[PDB]
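This report concerns only the one structure given below.
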Number of protein chains: 2
Amino acid sequence: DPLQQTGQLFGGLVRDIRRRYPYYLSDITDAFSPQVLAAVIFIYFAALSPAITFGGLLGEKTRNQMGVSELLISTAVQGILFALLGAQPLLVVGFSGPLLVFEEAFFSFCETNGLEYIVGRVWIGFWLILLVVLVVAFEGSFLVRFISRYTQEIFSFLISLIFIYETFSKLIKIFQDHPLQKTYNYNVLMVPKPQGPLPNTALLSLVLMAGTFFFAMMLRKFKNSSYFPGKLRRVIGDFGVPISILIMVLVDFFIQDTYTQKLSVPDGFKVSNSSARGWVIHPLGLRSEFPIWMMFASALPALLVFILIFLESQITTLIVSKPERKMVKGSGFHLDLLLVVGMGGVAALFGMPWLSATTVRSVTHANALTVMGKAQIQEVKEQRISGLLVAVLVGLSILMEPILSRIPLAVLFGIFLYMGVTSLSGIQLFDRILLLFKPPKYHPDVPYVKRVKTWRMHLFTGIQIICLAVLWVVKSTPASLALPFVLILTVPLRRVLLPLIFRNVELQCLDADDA
Amino acid sequence: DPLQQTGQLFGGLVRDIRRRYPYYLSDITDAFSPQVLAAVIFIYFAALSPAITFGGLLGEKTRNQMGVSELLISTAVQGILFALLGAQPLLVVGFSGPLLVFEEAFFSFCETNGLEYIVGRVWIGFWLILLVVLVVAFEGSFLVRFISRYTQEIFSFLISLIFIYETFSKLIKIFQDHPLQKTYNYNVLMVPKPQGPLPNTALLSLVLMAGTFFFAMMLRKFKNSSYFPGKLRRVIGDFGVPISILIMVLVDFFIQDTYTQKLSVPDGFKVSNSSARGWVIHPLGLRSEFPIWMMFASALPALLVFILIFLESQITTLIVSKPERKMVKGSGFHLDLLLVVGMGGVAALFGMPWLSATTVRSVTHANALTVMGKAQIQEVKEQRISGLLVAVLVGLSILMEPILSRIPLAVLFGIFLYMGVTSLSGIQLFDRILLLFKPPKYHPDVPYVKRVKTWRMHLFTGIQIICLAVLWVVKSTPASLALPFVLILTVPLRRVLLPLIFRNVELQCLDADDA
Ligand SMILES: CCCCCCCCCCCCCCCCCC(=O)OC[C@H](COP(=O)([O-])OCC[N+](C)(C)C)OC(=O)CCCCCCCCCCCCCCCCC
Ligand SMILES: CCCCCCCCCCCCCCCCCC(=O)OC[C@H](COP(=O)([O-])OCC[N+](C)(C)C)OC(=O)CCCCCCCCCCCCCCCCC
Ligand SMILES: *[C@@H]1O[C@H](CO)[C@@H](O[C@@H]2O[C@H](CO)[C@@H](O)[C@H](O)[C@H]2NC(C)=O)[C@H](O)[C@H]1NC(C)=O
Ligand SMILES: *[C@@H]1O[C@H](CO)[C@@H](O[C@@H]2O[C@H](CO)[C@@H](O)[C@H](O)[C@H]2NC(C)=O)[C@H](O)[C@H]1NC(C)=O
Ligand SMILES: CC(C)CCC[C@@H](C)[C@H]1CC[C@H]2[C@@H]3CC=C4C[C@@H](O)CC[C@]4(C)[C@H]3CC[C@]12C
Ligand SMILES: CC(C)CCC[C@@H](C)[C@H]1CC[C@H]2[C@@H]3CC=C4C[C@@H](O)CC[C@]4(C)[C@H]3CC[C@]12C
Ligand SMILES: CC(C)CCC[C@@H](C)[C@H]1CC[C@H]2[C@@H]3CC=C4C[C@@H](O)CC[C@]4(C)[C@H]3CC[C@]12C
Ligand SMILES: CC(C)CCC[C@@H](C)[C@H]1CC[C@H]2[C@@H]3CC=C4C[C@@H](O)CC[C@]4(C)[C@H]3CC[C@]12C
Ligand SMILES: CC(C)CCC[C@@H](C)[C@H]1CC[C@H]2[C@@H]3CC=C4C[C@@H](O)CC[C@]4(C)[C@H]3CC[C@]12C
Ligand SMILES: CC(C)CCC[C@@H](C)[C@H]1CC[C@H]2[C@@H]3CC=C4C[C@@H](O)CC[C@]4(C)[C@H]3CC[C@]12C
Ligand SMILES: CC(C)CCC[C@@H](C)[C@H]1CC[C@H]2[C@@H]3CC=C4C[C@@H](O)CC[C@]4(C)[C@H]3CC[C@]12C
Ligand SMILES: CC(C)CCC[C@@H](C)[C@H]1CC[C@H]2[C@@H]3CC=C4C[C@@H](O)CC[C@]4(C)[C@H]3CC[C@]12C
Ligand SMILES: O=C(O)c1cccnc1Nc1cccc(C(F)(F)F)c1
Ligand SMILES: O=C(O)c1cccnc1Nc1cccc(C(F)(F)F)c1
């Protein structure tokens, strides 16, 4: 198994290298298939748009200390390294809401205490570099084995709901910014962006979203359909999202008059605010002499940042490398936790954000490479060039501004909704949530339906909604960085309370390692 | 069989009365089911909107000689009579494109020759009253037996394509009338209707259409799905279009600012133009003494009007009363042709327009009453109160203006697109057109796939497209009232050329009476 206690110091790192690197030729040569090129295109727009979204949200909140340029270079650099060195290349490394909430929370603290933020992270980085090596030394990444399906399901579901919620709030914002009014003022500037509201902007956006999501779902239906020859049907199905986007991007191109929000990158490869910082950030104070207490008190935030990246990256790896998916290569949790956290702490030195292995984009990347037949899984295309070319494109995103400038965010929102529903494909919790509305006569022929009672099977599914409810309440409240500690409290339940209120035969059936 | 030559004078009319009228108690008492009330609501909006559409088109073209008021009263009066007296009440009687093209063509002639149009039709009416009785006397409605599936298929398909084409051209017209412009003038009157173009009108219409059609198709998918209890799932599925409309009508109600075209009826039960005509039209000239040559030369148009109504109403009756549909009551072609044409010729006397039995609304009405199980057909709800209550509502359409005034045409266009695809459900031509794109390995297990060769089976399907192509070309060209003569030339092919180029075993399999 991958999470066995070796005992020998850095045995978990070495066995993960001894596991995957013998298959390094297959990790390059399995990327010649056309389904992989279709994944690169799909996952590029999946990887880029958050780097633009979170990039803008950071700058706005951190006064350009770290913005779109630093996140794009981080996401590009760490992505290329992790693509070439990672134990699971299908893990797409990038910046997340969890991290966004920390950066702004550390800034808000740094301004109050009179500390140079871009410097304060370089210390947090050194502790993340220290803590990860100390964990990887004692094979602490083994603890992944104790992360059960139950928690992986709650993690798989909660983030899928958030990614869907964020997508709609992104469309709702266009109706708030450009409401359906009887009259509109045309004496408004459009150089920075529309100052006041405009006609035809918000409904065309809705149409551009609804159109792309439609063309996405129909092409997913078409992929595993009976129409057209098998060779042409799979190619069209594999290039589903690329065709979905291309159509609805051309739709808006031929609408000359109507404005709608496009993709926005910086002018070139420059620091967001030259007055604030440089490329390389000095630990002992860039301007004002940095205090000695924060140089050692940065461990407390780093312990928090570690957990956020750990429980994000590792649970993502469990979900992406499940037995039910045909994962021939395997997975290395020790090397993945080392790289993701290690690169992040080093990235802080250059005033660029530390990243994690985000589930949706990682899941989406695997799902886009996962083949289907007859339906069941036959062979999941496992290689590095997919995860590499995504990071390379996110690096070149600033240089290829003329191509991105004609792509509406409305079109991208259609694909994020598709990614949201596509992520819920192989989640037994969602599949059990479906049985809540189905009558008991029509339930699927699965062990947890046959061997367990229906009224008890729904109570388990119900207790996971009690978790999701509490998990969603913590997300909204000020104490949002306490979510990892509430998510890791999920294990104690499945280990004590659930067994205490259930029969062992039911758990094994309900919560199984494989199907 | 229904179309047997009795020989005895009016034997075909009497046997159709002796057929159905013993089941007259079941023709009332099968309308207590909730699926029938759902059909009334659906088919009302299906029956009304064309009475508004074609009414406006007549008035516009005939200078209010016959407009929305006369078509609504005709469609109401003839509908109630035919609902109570008809051999097949599922036939929804109303005005069609075929008739629209005649009325405007007879007006265009009447103005040139200096003839009172509203008077000239009263003569055409007398010949329609004469010709139908002469046909029903010799059981001429028997000729229906010779109308093969091949022609019924071409008829079923061509009209379904037209009804879909007309629906989209109705949406395209909103984008022509309210284009996506950079600027809009708000110094425009809205009393008659918007004079110049407006913002948010065209895309909200598109959204209102796309929304209703979505909610229609998902509820049709939900109807024969596994979710929710069987008692509640069928009710929601049966009231599919009523719920689809209700949602998207409320959507637009809560949009205060944005204009979009609503349902428009006249003020009250009045003649469209009091200056032109009255209620009852005098045959020997209302104002100017009507010429004696037109009193007898009105037979030539009446012969044309007869054929248009005959080939519309009878082929509709064959399609609605096919063996594959569970039609327990049966059908009477002699009594249906008598009423539809007889009432029409009498309706001309009051300047009101003559109607036909239109296929889509008749098919839609049967399809809405046709139940599904497991899928296959179990029992088609055959009754009169459905066809009655539709005509009663179309009569009350002017009185219930405050309810219709809040219903957008955009919402109705969603339902006409649903009706368009719903009409193509049980058509072997469409089902064979699907096999054109399917590979030959995946073709359905049906006699005409098993017993006939695939390459020969597609050539038959291909020759029907050669017909549809020619049929569609005649529709566009000036000689549009020659379509019935090109449609009745379909029989000679299936009778001579097709058998000449095919093997008898193939025809029986391809062109079968039952499945
Ligand atoms: C199970 C399916 C149910 C879902 C239903 C809806 C599907 C999702 C939405 C539609 C798919 C994407 C199409 C986007 C087209 C954008 C139209 C537009 O505004 O731009 C062009 C233009 C916009 O104007 P314009 O400004 O570009 O005009 C160009 C010409 N100049 C510039 C000179 C004025 O619109 C049109 O011309 C009208 C076309 C409308 C598109 C037709 C769709 C009708 C909606 C009903 C249902 C649609 C399909 C149903 C799905 C299943 C199929 C059986
Ligand atoms: C089978 C797979 C594909 C089929 C579905 C194809 C996708 C598009 C379907 C077209 C119809 C849209 C849904 C029904 C009608 C609701 C829209 C409406 O009128 O309100 C929007 C309204 C109308 O615009 P509005 O904001 O002006 O509303 C009025 C409010 N004022 C005037 C005050 C500003 O906009 C919203 O508020 C947006 C919320 C809805 C977001 C929908 C985005 C489209 C994404 C697809 C959703 C539906 C498919 C999901 C299921 C299929 C597969 C899982
Ligand atoms: C770029 O950095 C400069 C400082 O190097 C920022 O200037 C500060 O602005 C904040 C509020 O915006 C003030 O509270 C500080 O007093 C300013 N400090 C100095 C030294 O000017 C500036 O805001 C930053 N600009 C951007 C791009 O946000
Ligand atoms: C109502 O009927 C009158 C009476 O025919 C119509 O008046 C005619 O108008 C047309 C052109 O619109 C002229 O060619 C005729 O010379 C007019 N005749 C008379 C006697 O006035 C009038 O157009 C009709 N109005 C409506 C509602 O269309
Ligand atoms: C040295 C620290 C601060 C740098 C961070 C990376 C650490 C964890 C890396 C760098 C070099 C690595 C060592 C390189 C070689 C070997 C020999 C092998 O037979 C056992 C593992 C061992 C001993 C590795 C353990 C992990 C290691 C110490
Ligand atoms: C312009 C932006 C918004 C969209 C970019 C999408 C582009 C790159 C996508 C959309 C459709 C794609 C094509 C779809 C199918 C095939 C056939 C395959 O045998 C080779 C690749 C090829 C030819 C793809 C190349 C990439 C492609 C052209
Ligand atoms: C194809 C693979 C190997 C590379 C893809 C990403 C490349 C193009 C990106 C990633 C990070 C980028 C660098 C980031 C920062 C700087 C500093 C600036 O003062 C000059 C440009 C320079 C040096 C950039 C050049 C382009 C760069 C190297
Ligand atoms: C915060 C909110 C949304 C919590 C929602 C939890 C819901 C879905 C849970 C809580 C209790 C659960 C119920 C507990 C017991 C039973 C009885 C059984 O015979 C059928 C299922 C049924 C009826 C469950 C269905 C799901 C249920 C209603
Ligand atoms: C005015 C007449 C001549 C032409 C119009 C015929 C109309 C009114 C129809 C409708 C009802 C019909 C009658 C119904 C029943 C019968 C009984 C049958 O054993 C002989 C024919 C006879 C008597 C029919 C003759 C034609 C008839 C009278
Ligand atoms: C206002 C316009 C646009 C829409 C009108 C549609 C109305 C009449 C439709 C929409 C949904 C329908 C309801 C749907 C389901 C049921 C349950 C059934 O057991 C009795 C009828 C009843 C209660 C229907 C009555 C009619 C209804 C309310
Ligand atoms: C419920 C069933 C029986 C009837 C439904 C339709 C009714 C309401 C319609 C159909 C035709 C209509 C009539 C058509 C013409 C006129 C002439 C006008 O000068 C007064 C109203 C009057 C007399 C209408 C009254 C309402 C009416 C009788
Ligand atoms: C005028 C335009 C619209 C063409 C209309 C007729 C078309 C659809 C017809 C004419 C001849 C037909 C082809 C005749 C023979 C074959 C060989 C068979 O193994 C597959 C179908 C195929 C390839 C047919 C497909 C449909 C076809 C191309
Ligand atoms: O989802 C948010 O907005 C959020 C914000 C702050 C902290 N945690 C958050 N949630 C969240 C989402 C995914 C993974 C994780 C986890 F890895 F830390 F467990 C947390
Ligand atoms: O559909 C048209 O545009 C049209 C116009 C004039 C005559 N005939 C037409 N077509 C048409 C449509 C359905 C049924 C019939 C028929 F019944 F007359 F055969 C004709």
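Each sequence line gets a chain letter, starting at A and going down the list. Chain A uses the PDB entry numbers throughout; the residues present, in order, are 370-743, 751-891. Throughout, chain B uses the PDB entry numbering, with the displayed residues spanning 370-743, 751-891 in order. Start at 1 and go down the list; that is how both ligands and their atoms are numbered.
- Looking at ligand 13, the drug there is niflumic acid.
- The chain in largest contact with niflumic acid (ligand 13) bears the name, in the PDB entry, of Band 3 anion transport protein.
- Other chains in heavy-atom range of niflumic acid (ligand 13) (under 4.0 Å): A.
- Measured on heavy atoms with a 4.0 Å cut-off, the binding site of niflumic acid (ligand 13) is A:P467, A:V470, A:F524, A:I528, A:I531, A:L677, A:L680, A:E681, A:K851, A:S856, A:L859, A:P860, A:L863.
- Per UniProt's numbering from the N terminus, the transmembrane segments of chain A showing a non-hydrogen atom under 4.0 Å from niflumic acid (ligand 13) are 3, 5, 8.
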